Structures are given as C-alpha cells and as structure tokens.
Chemist: 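Sending over a structure as structure tokens; questions will come in a sec.
In the text below, chain A, chain B and the rest are named by the order of the sequence lines, each starting its count at 1. Start at 1 and go down the list; that is how both ligands and their atoms are numbered.
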Amino acid sequence: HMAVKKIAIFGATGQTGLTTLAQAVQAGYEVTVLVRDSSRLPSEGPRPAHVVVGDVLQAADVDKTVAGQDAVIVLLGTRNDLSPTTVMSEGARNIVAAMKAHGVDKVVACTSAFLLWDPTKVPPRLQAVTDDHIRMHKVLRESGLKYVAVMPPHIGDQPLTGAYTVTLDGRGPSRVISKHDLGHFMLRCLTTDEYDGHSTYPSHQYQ
Amino acid sequence: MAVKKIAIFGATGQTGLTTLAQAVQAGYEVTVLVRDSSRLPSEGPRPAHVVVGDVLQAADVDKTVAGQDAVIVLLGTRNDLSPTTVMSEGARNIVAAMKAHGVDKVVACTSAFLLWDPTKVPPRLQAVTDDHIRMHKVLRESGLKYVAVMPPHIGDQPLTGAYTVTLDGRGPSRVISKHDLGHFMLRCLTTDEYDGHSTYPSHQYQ
Ligand SMILES: NC(=O)c1ccc[n+]([C@@H]2O[C@H](COP(=O)([O-])OP(=O)(O)OC[C@H]3O[C@@H](n4cnc5c(N)ncnc54)[C@H](OP(=O)(O)O)[C@@H]3O)[C@@H](O)[C@H]2O)c1
Ligand SMILES: NC(=O)c1ccc[n+]([C@@H]2O[C@H](COP(=O)([O-])OP(=O)(O)OC[C@H]3O[C@@H](n4cnc5c(N)ncnc54)[C@H](OP(=O)(O)O)[C@@H]3O)[C@@H](O)[C@H]2O)c1
Ligand SMILES: O=C(O)c1cc(/N=N/c2ccc(S(=O)(=O)Nc3ccccn3)cc2)ccc1O
Ligand SMILES: O=C(O)c1cc(/N=N/c2ccc(S(=O)(=O)Nc3ccccn3)cc2)ccc1O
C-alpha cells in the first residue's frame, strides 16, 4: 500500500519535470501529466499512467488533471524565454481552484530562491519571470492548502545524490541543485508534512 | 481642507478591505459602494454608510459621492484577460459625480506598469493595463485634485508605515504590502503635496 500514490505533475516535459517523472514512475507512483498538444513526452522515456493534453491556462484541463489525485507537483516554467508572463501564477490559480473542488490538499511547487533574496539583487534579465514566481507564491500561500514552497538556486545537470541540504525559510550554503536532486526533493515532500507551510531551499556541493 | 467624510470604491477587494479598516479605526466617516454586502466583514471595523450598487450605474455612484470630502478608488476587475472598460467607465461616473457635488479630491490606484515600458506588461495583463491607462487619463483630464497611485506587486506583509514614496517615477523596491498601500491612500487625504503627481509606494519587507 502507498499512502500517496496518485500524483499530478505539471511541467513534466520540462528540465526538472522529466527526471521527476522518471523517478516517480520508478518509485511506483501512478502519475498523471498535463502536456501541451505540441509538446508530448518523449517516446523512449518513462511512461506516466495518464496523460491529459491541454493547457494549464484552461481551468477545465487543470480540473481533469487534478481530479482523483493524492497530491500535486508543480514544475511549470517558460524554458529559456524570459519575457513577461503570467503562466505560472494563473496556472497556480487554476490548480488551487481544482484542488479545493476535488479535495486535494498537498501541493509541492517550485518557484525560485530569488524569493528569499533582497529584490534589488535579482538580475534584471530574470525579473519578469521572478515577478510571476512572486505572484504564484502568493496564490499558493493564500490558498490554505498544504503548500511546500520549493525555492531552488541554479538548477544544474549534476547527478542524483539524495544527499543535498534542505534549508528551511532561508538561503542555503550552496548555490546549485541538480535537476535530478530537485526532482527527488519534490517527491520527498509528498511523504512528510515537515515542510508544509515553509519555504525550502535545496542545494548541494557536487564532488 | 480637512477631510472627514470619504467614499471608498473597491472596498471589498484585498487593498480595499484594509484601507476601509484603517480608515474606520482612524476616525473617517466612510461610505462604500458594494455590489454585495455579505462581502463586508461582520466583525470589527464597519463603514458608516453602505450603498448597494454598481460603479457602472451613474446613479449609484452619485449616491456614494454625495456629501464626501474626498474619494478613494481601489476598483479592479477580477480575472479580465481581454479588453475591458469597467474601471475607466466607473472613473467617468465618479468624475461626473464629484463635479456635480463639489468634491475636489480623488486618490486612485492604477499600477506601476504605467511607469515602465509597455513591453514589460505580461500579455494577459495588457487589457487591464490598457484600461488603467484610460482611467488615469479620465482622472488627469478632469481638473480635480488627483493623486495617481501606481503600486508594484501588492503583498500581504504586515503594516509598517515605513515605506518609501517616489514622486513621478519608480523607487528602489518592487513590492508594497496591501496594508502599507492602504495607509498611503489615507495619507494622501492629509496633504496636497501629491496632487497632480504620480506616486510609487514601495518597501523592503525583511
Ligand atoms: N537555474 C534555473 O534554471 C532555475 C533556478 C531557480 C528556479 N527556476 C524555476 O524552476 C522552475 C522549473 O524550471 P525547469 O527548468 O525545470 O522548467 P522548464 O524546463 O522551463 O519547463 C517548464 C515546464 O512547464 C510547462 N509549461 C509551460 N507553459 C505551460 C502551459 N501553458 N500549460 C501547461 N504546461 C506548461 C512546459 O511545457 P512545454 O513542454 O509545453 O513547454 C514544461 O513542461 C521554473 O519555474 C524556473 O523558472 C529555474
Ligand atoms: N494584484 C496586484 O499586485 C496589483 C498590482 C498593481 C496594481 N493592481 C491594481 O490595483 C487595484 C487594486 O487591486 P486589488 O487587488 O486590491 O483589487 P481587487 O481585490 O481585485 O478588488 C477589486 C475591487 O473593485 C470592486 N469592483 C469590481 N467591479 C466593480 C463594479 N462594477 N462596481 C463596483 N465595484 C467593483 C470589487 O468589488 P467585488 O468584491 O464586488 O468584486 C473589489 O472591491 C486594481 O486596479 C489592480 O488592477 C494590482
Ligand atoms: O532561466 C534561468 O536561468 C532562470 C534562473 C532562475 N533562477 N536562477 C537562480 C536563482 C537563485 C540563485 S542563487 O544561487 O544565487 N541564491 C543564493 C545565493 C547566495 C546564497 C544563497 N542562495 C541562482 C540562480 C529562475 C528562472 C529562470 O528562468
Ligand atoms: O510587479 C508586479 O508583480 C505587478 C503586478 C501587477 N498586477 N496586476 C494585476 C491586476 C489584476 C490581476 S487579476 O487577478 O484580478 N486578473 C488577471 C490576472 C492575470 C492575468 C489576467 N488577468 C492580477 C494582477 C501590476 C503591476 C506590477 O508591477
């Protein structure tokens, strides 16, 4: 028996999402993904249990993805596009509404460690994306759901270790986390309540 | 010039609720225009007068503005993604009512997007921003004493009364708590120094 077994992953086709999905399938989760029509999961990769094709900006599609889950992981982003956007915050608004309507409480959602910085220290090139992370975090904090705010520093390509530091409610001692370790942490947050209502900063020294 | 009686439009919104609470605690005699009274809190500070109606209805606006010393505007649209004229049409009704009743002072919130390049606006916020621009022009062209408040991201941090106000430009911080923003709206009732200017309240919260 698995207490948390059915999960929705938003952003499963992305850099962190692909390894989070692979790790979740290996760990025995029954994974539902929401994918945009033109960007499905790769053919040879791990297969989720359920695929909804649609858009996080459509409440109906988010409702179809959240229905019947035990928990939600959010790895939405805009790839290498740094333009002004609201896809993460509006997506989170739809996810919150769906979770409430469907009785799902646990949401583990990735924004960024810039939400623990002096705002004057965010690089201007990243300020438009960070502004939407700030909007998204406010939506999730005000929802009343069991929300783990994951606020990573630079996401790298180093290995899965499971040995990273998790700093609560502040910046940690390294400035990198591998995408594989970030995905491992998102899944770890499904199985404990200790991070609920906190900000978390995962980081590691790869050596 | 002393302001005692104010109307607040948008009193049931996130900034409106704390502006209303702060105004009642400070002694203002507050009139609000609300579409649904159940959205006002049952406990604690309550306004002195409640008009049930719509800012799009000139007669409801007229009933709200009658007898006031000043008007605070904290209108906004919920989730409008595409062209909308609620705020600017509301502002037209507010202006007409202020002129008809001899009310000379209006402090109105739009957004700091009006202080930055238009390409900084997220596409899905373009329509609300376009109507903020229309509302701002309505208020500037009215000849009324108008303080334009153009806040950045509105946060949930506790009131500080310690924020910065930048005049006709942007300040060095990118968030204002809804509570500090409401405190600033009220401060604008106690002075003429911001009239005819754009104002950018911002602060660093821890
Ligand atoms: N160093 C870093 O790169 C760094 C550091 C800290 C924080 N962050 C933030 O961490 C988060 C995760 O980053 P990442 O690099 O893993 O993500 P990513 O590679 O940018 O992937 C973004 C995911 O979101 C999906 N998506 C975007 N718009 C969508 C929409 N309208 N509807 C449904 N799905 C949508 C994308 O799907 P498609 O396949 O359809 O595009 C993709 O699966 C991002 O928010 C990022 O800003 C990144
Ligand atoms: N969210 C941000 O960070 C941010 C940042 C900068 C600027 N702004 C802008 O700041 C202003 C205040 O924002 P806010 O978040 O505090 O507002 P909000 O929570 O969205 O509240 C909007 C207020 O306007 C009222 N309203 C809407 N349509 C009305 C109508 N036809 N007649 C009468 N009242 C009506 C609403 O009444 P109901 O309760 O009846 O709906 C509510 O009281 C907005 O114009 C917003 O666009 C927001
Ligand atoms: O595309 C990107 O490169 C991108 C990057 C993003 N964030 N990158 C970050 C965010 C935070 C950091 S950080 O490592 O410098 N934070 C720190 C710094 C010092 C001490 C502790 N923590 C480093 C990189 C956020 C969105 C993005 O799109
Ligand atoms: O820096 C910011 O985050 C910033 C944010 C601002 N946000 N303004 C708004 C205005 C309206 C809303 S809304 O929730 O009611 N409607 C919406 C929300 C998203 C997309 C389309 N419509 C949401 C945000 C406005 C100016 C800013 O500088």
Chemist: By the naming in the PDB entry, what macromolecule does ligand 3 touch most in this deposit?
Modeler: Flavin reductase (NADPH)
Chemist: State which drug is located at ligand 3.
Modeler: sulfasalazine
Chemist: Which neighbouring chains have any non-hydrogen atom closer than 4.0 Å to sulfasalazine (ligand 3)?
Modeler: A
Chemist: Around sulfasalazine (ligand 3), which residues have heavy atoms within 4.0 Å?
Modeler: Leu82(A), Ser112(A), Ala113(A), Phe114(A), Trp117(A), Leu126(A), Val129(A), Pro153(A), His154(A), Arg171(A), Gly172(A), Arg175(A), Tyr201(A)
Chemist: Would one find an N or O of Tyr201(A), backbone or side chain, under 3.5 Å from an N or O of sulfasalazine (ligand 3)?
Modeler: yes
Chemist: For atom 12 (C) of sulfasalazine (ligand 3), what's the nearest protein heavy-atom neighbour? Residue, atom name and distance, please.
Modeler: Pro153(A) CA, 3.6 Å
Chemist: Among all protein heavy atoms, pick the one closest to atom 23 (C) of sulfasalazine (ligand 3) and tell me residue, atom and distance.
Modeler: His154(A) N, 3.5 Å
Chemist: For sulfasalazine (ligand 3), which atoms sit closer than 4.0 Å to a heavy atom of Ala113(A)?
Modeler: 11 (C), 16 (N)
Chemist: Starting from atom 16 (N) of sulfasalazine (ligand 3), which protein heavy atom do you reach first, and at what distance in Å?
Modeler: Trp117(A) NE1, 2.8 Å
Chemist: Any atoms of sulfasalazine (ligand 3) less than 4.0 Å from a non-hydrogen atom of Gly172(A)? List them with their elements.
Modeler: 21 (C)
Chemist: Suppose we measure from atom 2 (C) of sulfasalazine (ligand 3) to each protein heavy atom; which comes out shortest, and what is that distance?
Modeler: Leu126(A) CD2, 4.1 Å
Chemist: Starting from atom 7 (N) of sulfasalazine (ligand 3), which protein heavy atom do you reach first, and at what distance in Å?
Modeler: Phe114(A) CE1, 3.4 Å
Chemist: Using 4.0 Å as the heavy-atom cut-off, which UniProt NADP(+)-binding residues of chain A are near sulfasalazine (ligand 3)?
Modeler: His154(A)
Chemist: What protein heavy atom sits nearest atom 1 (O) of sulfasalazine (ligand 3), and how far away is it?
Modeler: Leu82(A) CD2, 4.0 Å
Chemist: Does sulfasalazine (ligand 3) come near enough to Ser174(A) that some N or O of the ligand is less than 3.5 Å from an N or O of the residue?
Modeler: no
Chemist: Which active-site residue (UniProt) of chain A lies closest to sulfasalazine (ligand 3), and what is the heavy-atom gap in whole Å?
Modeler: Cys110(A), 8 Å
Chemist: Report the nearest protein non-hydrogen atom to atom 26 (C) of sulfasalazine (ligand 3): residue, atom name, distance rounded to 0.1 Å.
Modeler: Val129(A) CG1, 3.9 Å
